[PDB]
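Structure of interest - contains triclosan.
A note on names: the letters A, B, ... follow the listed sequences, proteins ahead of strands, and every chain is numbered from 1. Just so it is clear, the values below take in all heavy atoms, side chains as well, and ignore hydrogens, waters and symmetry mates. Header lists the method as X-ray crystallography, 2.3 Å. We count ligands from 1, going down the list as the structure has it; atoms in each ligand are counted the same way.
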Amino acid sequence: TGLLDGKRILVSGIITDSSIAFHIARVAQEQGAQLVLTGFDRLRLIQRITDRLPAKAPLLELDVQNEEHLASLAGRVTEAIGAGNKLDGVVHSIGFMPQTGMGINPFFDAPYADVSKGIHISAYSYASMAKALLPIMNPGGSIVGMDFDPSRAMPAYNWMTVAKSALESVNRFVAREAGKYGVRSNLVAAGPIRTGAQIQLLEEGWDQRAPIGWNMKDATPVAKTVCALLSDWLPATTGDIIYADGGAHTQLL
Amino acid sequence: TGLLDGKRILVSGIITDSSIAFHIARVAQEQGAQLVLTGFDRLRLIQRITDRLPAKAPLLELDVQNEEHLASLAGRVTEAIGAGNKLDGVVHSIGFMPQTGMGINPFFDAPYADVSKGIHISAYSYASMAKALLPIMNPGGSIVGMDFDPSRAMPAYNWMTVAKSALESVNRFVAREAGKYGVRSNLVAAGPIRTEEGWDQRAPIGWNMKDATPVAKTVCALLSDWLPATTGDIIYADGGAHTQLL
Amino acid sequence: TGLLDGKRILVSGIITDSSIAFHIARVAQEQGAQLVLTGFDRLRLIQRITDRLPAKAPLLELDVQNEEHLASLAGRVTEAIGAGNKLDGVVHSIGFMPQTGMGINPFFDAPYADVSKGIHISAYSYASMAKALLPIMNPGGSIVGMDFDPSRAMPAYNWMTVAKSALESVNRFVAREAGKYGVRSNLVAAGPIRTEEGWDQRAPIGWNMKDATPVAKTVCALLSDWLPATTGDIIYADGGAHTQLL
Amino acid sequence: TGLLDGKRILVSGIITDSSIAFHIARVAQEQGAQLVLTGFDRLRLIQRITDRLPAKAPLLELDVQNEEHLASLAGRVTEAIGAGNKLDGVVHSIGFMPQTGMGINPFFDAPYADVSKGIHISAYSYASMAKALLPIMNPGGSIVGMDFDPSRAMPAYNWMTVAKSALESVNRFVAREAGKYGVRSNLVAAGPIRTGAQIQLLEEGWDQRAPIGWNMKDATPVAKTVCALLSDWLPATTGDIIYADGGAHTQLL
Ligand SMILES: NC(=O)c1ccc[n+]([C@@H]2O[C@H](COP(=O)([O-])OP(=O)(O)OC[C@H]3O[C@@H](n4cnc5c(N)ncnc54)[C@H](O)[C@@H]3O)[C@@H](O)[C@H]2O)c1
Ligand SMILES: NC(=O)c1ccc[n+]([C@@H]2O[C@H](COP(=O)([O-])OP(=O)(O)OC[C@H]3O[C@@H](n4cnc5c(N)ncnc54)[C@H](O)[C@@H]3O)[C@@H](O)[C@H]2O)c1
Ligand SMILES: NC(=O)c1ccc[n+]([C@@H]2O[C@H](COP(=O)([O-])OP(=O)(O)OC[C@H]3O[C@@H](n4cnc5c(N)ncnc54)[C@H](O)[C@@H]3O)[C@@H](O)[C@H]2O)c1
Ligand SMILES: NC(=O)c1ccc[n+]([C@@H]2O[C@H](COP(=O)([O-])OP(=O)(O)OC[C@H]3O[C@@H](n4cnc5c(N)ncnc54)[C@H](O)[C@@H]3O)[C@@H](O)[C@H]2O)c1
Ligand SMILES: Oc1cc(Cl)ccc1Oc1ccc(Cl)cc1Cl
Ligand SMILES: Oc1cc(Cl)ccc1Oc1ccc(Cl)cc1Cl
Ligand SMILES: Oc1cc(Cl)ccc1Oc1ccc(Cl)cc1Cl
Ligand SMILES: Oc1cc(Cl)ccc1Oc1ccc(Cl)cc1Cl
């Protein structure tokens, strides 16, 4: 028997097989979880991608900017898992920031519409997804979104850092809401995962700072962590952040 | 001599004489600073308010959602303080969240359009004001914005809390940029001011919500040369409350 | 199959069946783990308590102030689980502060001798237990100690709070060392357990002080292979309370 | 007129002219502060050291392990500043950890008696000094101790890191006590100050991470910060930590 046996879990954020949500999905199904999956735009592609998953799973469309997608999302899931059934888990692995706000572009050159669009997608959508889905979730359930420690500024990450700080603050509020349904809300703050010279420097220090090391080619440790929060072995943790970063954020040098 | 003697400081955010920015300006002027002041919509009203300060100061219009007010800010400021002169301090004391994402409204019912507008005015504008004014600031200078500790979730504050968390993240990126200019960037996270009961109890030294002067003082401390090694950071002017659980 | 199936786990700190360590052990045994258990002074009494667990387990004496109990611990553990075998988990659920530095006594009136003894038993022993048992642990293993969030000051807890702050600092240094062994080291910061009212109110999911099982579960989660990328860290088993201000 | 005019301030922790407390003393006197100074053992040396200070100041003996020194400390200060006078400021710049617990020695090889002695001197003494001195302090007053950010483990620092975490937790409690007298208690978390290859790496990254840079040969920025807290321009901050580290702790890379 597996970690997530009989639990019905919605996973968003699969675009390729390198996506963190592919591995979360992969590992959740390995542990006996019944998935519903959502995707944004390139649906034809992600049909073939999610076929490379261990088990079959209905695939729905969900642009988190789209207001019709959100209002219909409860009924579409319910149809997909069968009326009378409910979700025990929800995975948010969605994030986007335009290259105007992340990377080489100077922090001060990002226009607000672009920053606004990235904050919409990477932080606010955690609330509106929880809002869509909370009415069709069982007590004991668990919502989990993906994070990248924003405690300190770093190069490149720029406005995506700022989006992740907003996400964290959003997580604490969603938990207030989720808790009235007896449902937990947490973030997994992951280390860098391989989905210019400066960026190599960060990733390098990550493995060096990590007391147990950090392999950027391996997404499984993060998938596992998420399934831990989706399981029942972490039942008194909510509003919170769990770090799957090799322990790097706990070490200065 | 005064704490800010001979320093030129931009003070944004006066709308009333209850405004934190008003007391900051008042104290900065009490301590010898030369101010330039900015105002949003009600210019005539705050002209009447800004006439209540100890000393006179130029009043520029600044709506931080307005791209033309931003790209022209440097030039307008220069004209006020005189060419060749640069600012030594900038006060961001601007916030706004529509009532749809702050108050009695449930946290899930705030439209993005409204939360995006609040985050624009409360967070992103700390960066775009720095962007504008950094070219016209002196080495050793200081940019300070107003904060309310968002490390934990709380009733009512809702998406403004989310705004403040973003500001804190922005402040750390603004100090990256500011440092290229020899300039500092810090936040004062202040207790609740009457522009709560738990706040005063928790505060080891106590907390008066009817007094903004202790907060104004902490801002001025940051605008001076007595905290020259702190940037990207947050000074808590809160009676100590956030250091205490109960 | 069980969560800890086939894993050998040291559980320290049982003195009663109200002890957090008792429920941890009970749950680890419910989930298929093989235990070795340690006890301080009252060995016969906890023999009687440890007979109340689902499955039987060897009971070693361990006073962490005793240097001879430490240097002999590895050898004694090996003898219990059989040579060639190594532990996969270690539970530090030991704390003590004399009443002179925890309770009604004022914070300034605790002698150092008493605070030093409490910090010895509550903090430094997390390191010396790791020091002892690291040589006899398998790669992929996990060391977990018990914590109570000390990030803010609070009445009564006093110098035990200071102990817990030191533990947290020690845990981060223990994970440095543990990592050389492919082993993890983390703290569970738990809510108040009946071995407060504010705690349940703040907890978004609620907090039952009469139930230690949700905390025991979180410990077991850390002893398993489902959090393999977390070390030097703190998991809060507190109903979410510490994420909420009011 | 200066920052600290008419304020009577006790400064501990001068052993040489490179000490952070020499500069705190130096800068406090420059700003019109009336000092009382304490020292540990080598009193003859620190008499000549403190002569190189701008202004004269009574010099008392204070071993913070010594229980007689502490119980007599209020009366000795009072004699030194004149009966009826009181202290407006107190500076704790004391720290020690034996080399068994700090540097090359493996973390696990430090014996508790040594760690216990370093924790006594670097953390517990902040309480017992506040205890000695609080009865002879004016409302509006300020106690300030020296800190080195312990949020994360780093090499070398080892058990001194642990001592500083204890200090921080102690600061939050002293503020509870100090507040009944209307006196603030804060820490200045300073960057590294020049008072093997690995240690050079830390100091280097400090200046690199510091958005405004960090000069390890210059103690004045830290002295200034302390005088800020000793002044009246930070009157609603207590139980707290101020970082004079160039902004380095706010930056990952
Ligand atoms: N990649 C890393 O190093 C790592 C580390 C920490 C955190 N994270 C976070 O994990 C999450 C997924 O990361 P990833 O590396 O797997 O990225 P990915 O590019 O593989 O996946 C991101 C997903 O966001 C989806 N998306 C974008 N806009 C959307 C919209 N408008 N509506 C619905 N979906 C939308 C995309 O379709 C995509 O599947 C992100 O939130 C990311 O910030 C990743
Ligand atoms: N009052 C409190 O308890 C408290 C506590 C902590 C932090 N703060 C912060 O202090 C700052 C000022 O708050 P205050 O209490 O003086 O409130 P206030 O209402 O008096 O000031 C807010 C100011 O922001 C200005 N503003 C709004 N939209 C603007 C725009 N688009 N462009 C330019 N200016 C705009 C307003 O005109 C006003 O002067 C804010 O950042 C607020 O978040 C307040
Ligand atoms: N009860 C709570 O609300 C709570 C909350 C958070 C954290 N904790 C932590 O959980 C851990 C265990 O607490 P508990 O509530 O089960 O209390 P408990 O009194 O049942 O357990 C404390 C244990 O420490 C042992 N101990 C004391 N001195 C020792 C020594 N010198 N050598 C070896 N063992 C020694 C005792 O024998 C006892 O079994 C402690 O670390 C405590 O700080 C407790
Ligand atoms: N040096 C740095 O890079 C730096 C950075 C951060 C924090 N700090 C802290 O600042 C403080 C002073 O540091 P420094 O670099 O000036 O060191 P320093 O060696 O020059 O001064 C340390 C002082 O502690 C005193 N002392 C030791 N044991 C004592 C005792 N038993 N009783 C009374 N006094 C005793 C010594 O006499 C000495 O004057 C320390 O707490 C240190 O940890 C220093
Ligand atoms: O958060 C992240 C952190 C890292 Cl180190 C790498 C990738 C991350 O995730 C993203 C960043 C930007 C955009 Cl547009 C989309 C995604 Cl999915
Ligand atoms: O941050 C704040 C904290 C508190 Cl206790 C009270 C008011 C605050 O600030 C605001 C809240 C909403 C809007 Cl529309 C404008 C401002 Cl200035
Ligand atoms: O950490 C704790 C937190 C709480 Cl709410 C209650 C008890 C705790 O733990 C202790 C306190 C004092 C002693 Cl002598 C022994 C232990 Cl185990
Ligand atoms: O805290 C410190 C931090 C740094 Cl980077 C350098 C020195 C420090 O201070 C000390 C460390 C050990 C001992 Cl025995 C005495 C003192 Cl004064």
Specify every chain or ligand assigned to triclosan.
-> ligands 5, 6, 7 and 8
Greatest-contact chain for triclosan (ligand 8), named in UniProt = Enoyl-[acyl-carrier-protein] reductase [NADH]
Other chains, non-hydrogen atoms under 4.0 Å from triclosan (ligand 8) | D
Can you list the UniProt NAD(+)-binding residues of chain D with a heavy atom under 4.0 Å from triclosan (ligand 8)?
-> D:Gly95, D:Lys164
Compute the shortest N/O to N/O distance between D:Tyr157 and triclosan (ligand 8) and return yes if it is under 3.5 Å, no if not.
-> yes
At a 4.0 Å threshold, what atoms of triclosan (ligand 8) neighbour a non-hydrogen atom of D:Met160?
-> 10 (C), 11 (C), 12 (C), 13 (C)
Is the closest protein non-hydrogen atom to atom 6 (C) of triclosan (ligand 8) under 4.0 Å?
-> no
Which UniProt-annotated substrate-binding residues in chain D have heavy atoms closer to triclosan (ligand 8) than 4.0 Å?
-> D:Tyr157
Proximal triclosan (ligand 8) atoms for D:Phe96, defined as those under 4.0 Å from one of its heavy atoms = 13 (C), 14 (Cl), 15 (C)
In the PDB record, where does chain D come from, organism-wise?
-> Mycobacterium tuberculosis
Under the 4.0 Å line, does any protein heavy atom show up next to atom 12 (C) of triclosan (ligand 8)?
-> yes
Protein heavy-atom partner closest to atom 14 (Cl) of triclosan (ligand 8) - residue, atom, separation in Å | D:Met97 N, 3.0 Å
Provide the number and element of each atom of triclosan (ligand 8) under 4.0 Å from a heavy atom of D:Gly95.
-> 15 (C), 16 (C), 17 (Cl)
Identify the binding-site residues of triclosan (ligand 8) using a heavy-atom cut-off of 4.0 Å.
-> D:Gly95, D:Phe96, D:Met97, D:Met102, D:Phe148, D:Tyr157, D:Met160, D:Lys164, D:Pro192
